[PDB]
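In this chain, numbering begins with 1 at the start of the sequence shown. Values below: every heavy atom of this structure, side chains too, minus hydrogens, waters and symmetry copies. Whatever order the structure lists them in is the order used to number ligands and atoms, beginning at 1.
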Amino acid sequence: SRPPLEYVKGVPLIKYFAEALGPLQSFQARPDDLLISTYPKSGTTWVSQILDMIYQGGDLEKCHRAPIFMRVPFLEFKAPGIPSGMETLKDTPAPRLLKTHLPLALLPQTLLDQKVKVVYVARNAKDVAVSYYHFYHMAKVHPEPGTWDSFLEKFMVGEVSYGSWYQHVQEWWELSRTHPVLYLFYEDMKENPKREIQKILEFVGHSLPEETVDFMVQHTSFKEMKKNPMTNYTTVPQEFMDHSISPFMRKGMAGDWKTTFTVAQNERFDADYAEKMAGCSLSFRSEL
Ligand SMILES: Nc1ncnc2c1ncn2[C@@H]1O[C@H](COP(=O)(O)O)[C@@H](OP(=O)(O)O)[C@H]1O
Ligand SMILES: C[C@]12CC[C@@H]3c4ccc(O)cc4CC[C@H]3[C@@H]1CC[C@@H]2O
């Protein structure tokens, strides 16, 4: 029950994912692949749906062909009895959309060699932290979260699945100076989706009718993605994800962190944060 994390090259990984890193060393990326990269709980499921929808030419029905995680293979994914993303990936027709949360240290080198385009989504740390906490309770493969207070503690030192969020956002921020990486912010997508969805289109080449963009905007909203079983993850074994404790689609909001963080925590955290994001131009909005 609740296996513990396995460290690989300094990164804490879910046992099953750590295992998957081996076959993964055989992954050959295609020049037309598109990688969705994010630190967990930063809008991955959200941007995947937008991308898939764009790829299907705005066709809602085609996007309903199967579970978002089947449509957009999860690269380092592996679970007992379930087909690894690697497996699933050889059954996937190009152009392909792939997702990952792995830090550069562990990113299959083939994707950089093949100069594969990257859509990266970042989210303010406080919200990611609250979100990850609840996610740790409902996604059975993670270790015990404990109290929210001890978790925040773990979070700060990077002792959580996929490690430091601080390092994660900075390293991909850096990568973007020399690699094709569209770096988006969750908060911006919340503020003005249509504006962000446009940036994505420009970045991936495709170009659709304003009448089409608005259609997506509606369909890739929290309300809509919450009820759609092809994106809310309510279609996976209750053993893996128990939505009754906390649903995958929880709130969908920027700023929800204020109702969980205490004043003590908020104080300790901002002190620690000022240190870790020192000489970095990266900047985050914590509300709105
Ligand atoms: N279309 C959408 N618009 C806004 N937030 C969304 C969304 N789809 C999912 N989310 C939220 O984004 C986070 C996505 O997690 P992941 O990065 O693993 O896909 C969760 O955050 P909350 O738990 O704060 O709601 C989820 O509920
Ligand atoms: C909970 C699982 C491991 C963690 C996976 C994850 C991990 C991080 C994240 O941001 C999103 C997801 C979506 C699918 C999750 C998986 C569903 C099956 C597996 O047990």
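The drug or candidate drug modeled at ligand 2 is estradiol. Bound to estradiol (ligand 2) with the largest number of contacts is the chain that UniProt calls Sulfotransferase 1A1. Between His101 and estradiol (ligand 2), at least one pair of N/O atoms sits closer than 3.5 Å. As for other ligands and ions, those under 4.0 Å from estradiol (ligand 2) are ligand 1 (adenosine-3'-5'-diphosphate). Contact annotation: for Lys41 versus estradiol (ligand 2), heavy atoms closer than 4.0 Å belong to both the backbone and the side chain. In chain A, UniProt substrate-binding residues less than 4.0 Å from estradiol (ligand 2) by heavy-atom distance: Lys99, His101. Taking only non-hydrogen atoms into account, the UniProt active-site residue of chain A lying closest to estradiol (ligand 2), to the nearest 1 Å, is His101, 3 Å. Near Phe240, the atoms of estradiol (ligand 2) lying under 4.0 angstrom from a non-hydrogen atom of the residue are 20 (O). Contact analysis puts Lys99 in contact with estradiol (ligand 2), with a non-hydrogen atom separation below 4.0 angstrom. The closest heavy-atom contact to atom 5 (C) of estradiol (ligand 2), among the options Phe74, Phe77, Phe248, comes from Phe74. The model tethers estradiol (ligand 2) to no chain through a covalent bond. The closest approach between a heavy atom of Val141 and any atom of estradiol (ligand 2) is below 4.0 Å.
Both the backbone and the side chain of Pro40 come within 4.0 Å of estradiol (ligand 2), judged by heavy-atom distances.
Compare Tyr39, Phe17, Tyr16 by their heavy atoms: the one nearest to atom 4 (C) of estradiol (ligand 2) is in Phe17.
Looking at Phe135 against estradiol (ligand 2), only its side chain comes within 4.0 Å, counting heavy atoms. Atom numbering of estradiol (ligand 2) starts at 1 in the shown order; those under 4.0 Å from a heavy atom of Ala139 are 1 (C).
The set of residues with a heavy atom less than 4.0 Å from estradiol (ligand 2) is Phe17, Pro40, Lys41, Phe74, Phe77, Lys99, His101, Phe135, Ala139, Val141, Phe240, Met241.
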